[PDB]
S.K.: 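Structure of interest includes forodesine; see the questions below.
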Amino acid sequence: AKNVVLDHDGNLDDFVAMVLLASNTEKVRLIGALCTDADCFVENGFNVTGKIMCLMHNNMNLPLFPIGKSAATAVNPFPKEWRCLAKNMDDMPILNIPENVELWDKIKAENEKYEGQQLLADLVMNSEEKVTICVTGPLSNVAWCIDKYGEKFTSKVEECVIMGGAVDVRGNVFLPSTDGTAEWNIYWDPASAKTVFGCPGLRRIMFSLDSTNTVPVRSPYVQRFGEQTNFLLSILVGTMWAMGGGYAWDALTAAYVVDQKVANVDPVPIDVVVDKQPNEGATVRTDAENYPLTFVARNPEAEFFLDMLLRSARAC
Amino acid sequence: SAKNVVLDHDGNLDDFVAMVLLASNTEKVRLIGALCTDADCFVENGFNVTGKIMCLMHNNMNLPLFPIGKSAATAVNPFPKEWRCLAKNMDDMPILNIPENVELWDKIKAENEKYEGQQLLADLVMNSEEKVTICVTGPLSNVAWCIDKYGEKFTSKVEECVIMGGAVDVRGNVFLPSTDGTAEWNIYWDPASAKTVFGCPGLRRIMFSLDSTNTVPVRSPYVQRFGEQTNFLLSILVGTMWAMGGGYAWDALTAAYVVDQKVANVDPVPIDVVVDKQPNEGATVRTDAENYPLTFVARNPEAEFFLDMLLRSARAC
Ligand SMILES: O=c1[nH]cnc2c([C@@H]3N[C@H](CO)[C@@H](O)[C@H]3O)c[nH]c12
Ligand SMILES: O=c1[nH]cnc2c([C@@H]3N[C@H](CO)[C@@H](O)[C@H]3O)c[nH]c12
Ligand SMILES: [Ca+2]
Ligand SMILES: [Ca+2]
Ligand code: NA
């Protein structure tokens, strides 16, 4: 197993990603998580992370791990309508089973001591073996670590597997002020993304919309979780997919961390537009000589991923 | 002992909580049919969720199967698209997709597909041996269609209509550039049909307007109590729906009254509906017309009684 830290922002797919990482203990040792006030309100995202962790800890061999709220602030906030989803999950029956909330109330204070950005730096730098960071929210926290510690941090990262961007397809940030070329995780904090994508010392795998677009979440698939209601994780994952849209963005990204068979990768030099322009947050190919490479996921194995998640959701 | 009830709903989350409340209380309520309207739902999804809930309950608490119809009613003023997708979400929920339950729904779905809800409502009421209570949790289009078609032949077979809709002495919830905020959505969706219903002399009406429903908020701690009951399919179902929903229990409170009238005392008010294209289109207003029919408006509902009733009902299976 390899050490993994989940750096997430508390939306539905972030939590599916969490379940995928945590359930696959043969491949993944989940040593920490941080939650950012991006596509959630951070207190709800924090609480849902804890409730999921406690449910799993009480039902399978999943060690407890530190959970930290990130101090990162938005450059461009997510729509309020999407940010409420962690609040909904916080109230779900599956996450409010007596034995699990009792545990979470008990261990909450220890996790309240953490600040997410510092926790990420510490977990990576203090690890004996290198750490894979799975980033399913904005890149603010990885950038903070790079800015503060530089090579002391980046040399300890096995790879940064990132959900974000849109390279050779349209983005998903459609606002009166934008041209639709940017993707939301990057748009939330463009400068931090620029720091991450341009860092020569960091290995990066990028699940941009180019790959996530090709793995739709369809109703008959979601309904298959209904065949598994004796498994708590299947109630959980099925419920979250049922509440979500048509994509599995962050879950696909986490699936790759579990098993790289999920997608092939192509090296591309990726820059980020940080200017206050219609294309703010766009991830763009750059011709600059010696610009660092990012390994962009291509043609993901949709069926393999979908099977992986269904199976993983039988862990408990 | 049990009284005949038909649920006339539009497939939002509280409509389905209402359905569970009616169906789970078999001592008091014999649920003889349901219809779904293409209002605060896409009707195919509301139809499927109704079937899936009924089948789950049939297989786990012996709830008798009943006809489910889709209404052909069309909006005068349609609900926002962003609210109408919730039945689609529910249709994909694990709790509603357990194989034994879905196989039962698959077996009986085609017979239900063939109904048209408006005629179904008329037939269920008129062909019943005993009088029928109609619990209306969407727009009033279907009750109006029956009154228009059959008049006294229909209304004489109705025990009462228990209606979620309107706003009498409080503001509404229809907030548009063209409105003054005094109308409530179920009425605003089809004002003319609501007018027909509230002005009908042959008919006992109980009205849960925003006056009463505003006073029973659905809060996180209460919703989280369903987590104590995850051994019950209905607690997973109801808790999930409240967790997904907004701040109120509109239709569920309305159904609770059908189960037990101690939910609220009522106040007779002559209710007219504004149908002209004015800022308060869809408003339920007091009318001073002589000998105008009375509607019994719920006042000061028993919140704790309701909250307890629902937690208990959600332990039926
Ligand atoms: O429509 C949406 N609802 C909730 N979250 C997202 C996102 C978030 N941003 C990423 C995909 O662009 C992914 O991490 C997801 O959590 C994009 N679009 C939506
Ligand atoms: O936010 C809302 N505004 C207006 N109506 C509703 C509803 C539906 N409309 C009715 C309350 O206006 C009730 O029957 C409910 O099912 C849910 N949420 C809202
Ligand atoms: Ca995310
Ligand atoms: Ca309704
Ligand atoms: Na159909």
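Sequence lines map to chains A, B, C, ... one by one, in the order shown. The numbering of chain A matches the PDB entry: 2-317, in order. Following the PDB entry, chain B residues are numbered 1-317, in order. If you're wondering, the header gives X-ray crystallography, 1.4 Å. Start at 1 and go down the list; that is how both ligands and their atoms are numbered. All values below come from the heavy atoms of this structure, side chains included, with hydrogens, waters and symmetry mates left out.
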S.K.: So, forodesine - where exactly in the structure, counting duplicates?
M.R.: ligands 1 and 2
S.K.: Which molecule here shares more close contacts with forodesine (ligand 1) than any other chain, as the PDB entry names it?
M.R.: IAG-nucleoside hydrolase
S.K.: Return the other chains, by letter, having a non-hydrogen atom closer than 4.0 Å to forodesine (ligand 1).
M.R.: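 Heavy atoms that close belong to A.
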S.K.: Using a 3.5 Å cut-off on N or O atoms only, is A:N186 in polar contact with forodesine (ligand 1)?
M.R.: yes
S.K.: Report any other ligands and ions found less than 4.0 Å from forodesine (ligand 1), or state none.
M.R.: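 Closer than 4.0 Å to forodesine (ligand 1) are ligand 3 (calcium ion).
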S.K.: Can you name the atoms of forodesine (ligand 1), numbered from 1 with element, that are less than 4.0 Å from a heavy atom of A:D14?
M.R.: 13 (C), 14 (O), 15 (C), 16 (O)
S.K.: Between A:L86 and forodesine (ligand 1), which part of the residue brings a heavy atom under 4.0 Å of the ligand: side chain, backbone, both or neither?
M.R.: neither
S.K.: If you take the nearest heavy atom of each of A:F208, A:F79, A:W83, which one is closest to atom 3 (N) of forodesine (ligand 1)?
M.R.: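 The nearest heavy atom belongs to A:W83.
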S.K.: Going by the order shown, which atoms of forodesine (ligand 1) are within less than 4.0 Å of some heavy atom of A:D40?
M.R.: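 Taking each heavy atom of A:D40 in turn, forodesine (ligand 1) has 4 (C), 5 (N), 6 (C), 7 (C), 8 (C), 16 (O) under 4.0 Å.
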S.K.: Which atoms of forodesine (ligand 1) have any heavy atom of A:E184 under 4.0 Å away?
M.R.: 9 (N), 10 (C), 11 (C), 12 (O)
S.K.: Suppose I only count heavy atoms of A:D15 and a 4.0 Å limit; which atoms of forodesine (ligand 1) are within that range?
M.R.: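 The list of qualifying atoms is 16 (O).
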S.K.: Can you name the atoms of forodesine (ligand 1), numbered from 1 with element, that are less than 4.0 Å from a heavy atom of A:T137?
M.R.: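 Selected atoms, number and element: 14 (O).
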S.K.: Is it the case that forodesine (ligand 1) has an N or O less than 3.5 angstrom from some N or O of A:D251?
M.R.: yes
S.K.: At a 4.0 Å threshold, what atoms of forodesine (ligand 1) neighbour a non-hydrogen atom of A:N12?
M.R.: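 This gives 4 (C), 5 (N), 16 (O) as the contact atoms.
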S.K.: What residues, by chain and number, sit within 4.0 Å of forodesine (ligand 1) when only non-hydrogen atoms are counted?
M.R.: A:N12, A:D14, A:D15, A:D40, A:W83, A:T137, A:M164, A:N173, A:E184, A:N186, A:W250, A:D251
S.K.: Between forodesine (ligand 1) and the protein, find all N/O pairs closer than 3.5 Å and give the distance for each.
M.R.:
residue               : atom   : partner : partner atom : Å
forodesine (ligand 1) : 5 (N)  : A:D40   : OD2          : 2.6
forodesine (ligand 1) : 9 (N)  : A:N186  : OD1          : 3.0
forodesine (ligand 1) : 12 (O) : A:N173  : ND2          : 2.9
forodesine (ligand 1) : 12 (O) : A:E184  : OE2          : 2.6
forodesine (ligand 1) : 14 (O) : A:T137  : O            : 2.9
forodesine (ligand 1) : 14 (O) : A:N186  : ND2          : 3.1
forodesine (ligand 1) : 14 (O) : A:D251  : OD1          : 2.5
forodesine (ligand 1) : 14 (O) : A:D251  : OD2          : 3.0
forodesine (ligand 1) : 16 (O) : A:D14   : OD1          : 2.8
forodesine (ligand 1) : 16 (O) : A:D15   : OD1          : 3.4
forodesine (ligand 1) : 16 (O) : A:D251  : OD2          : 3.3

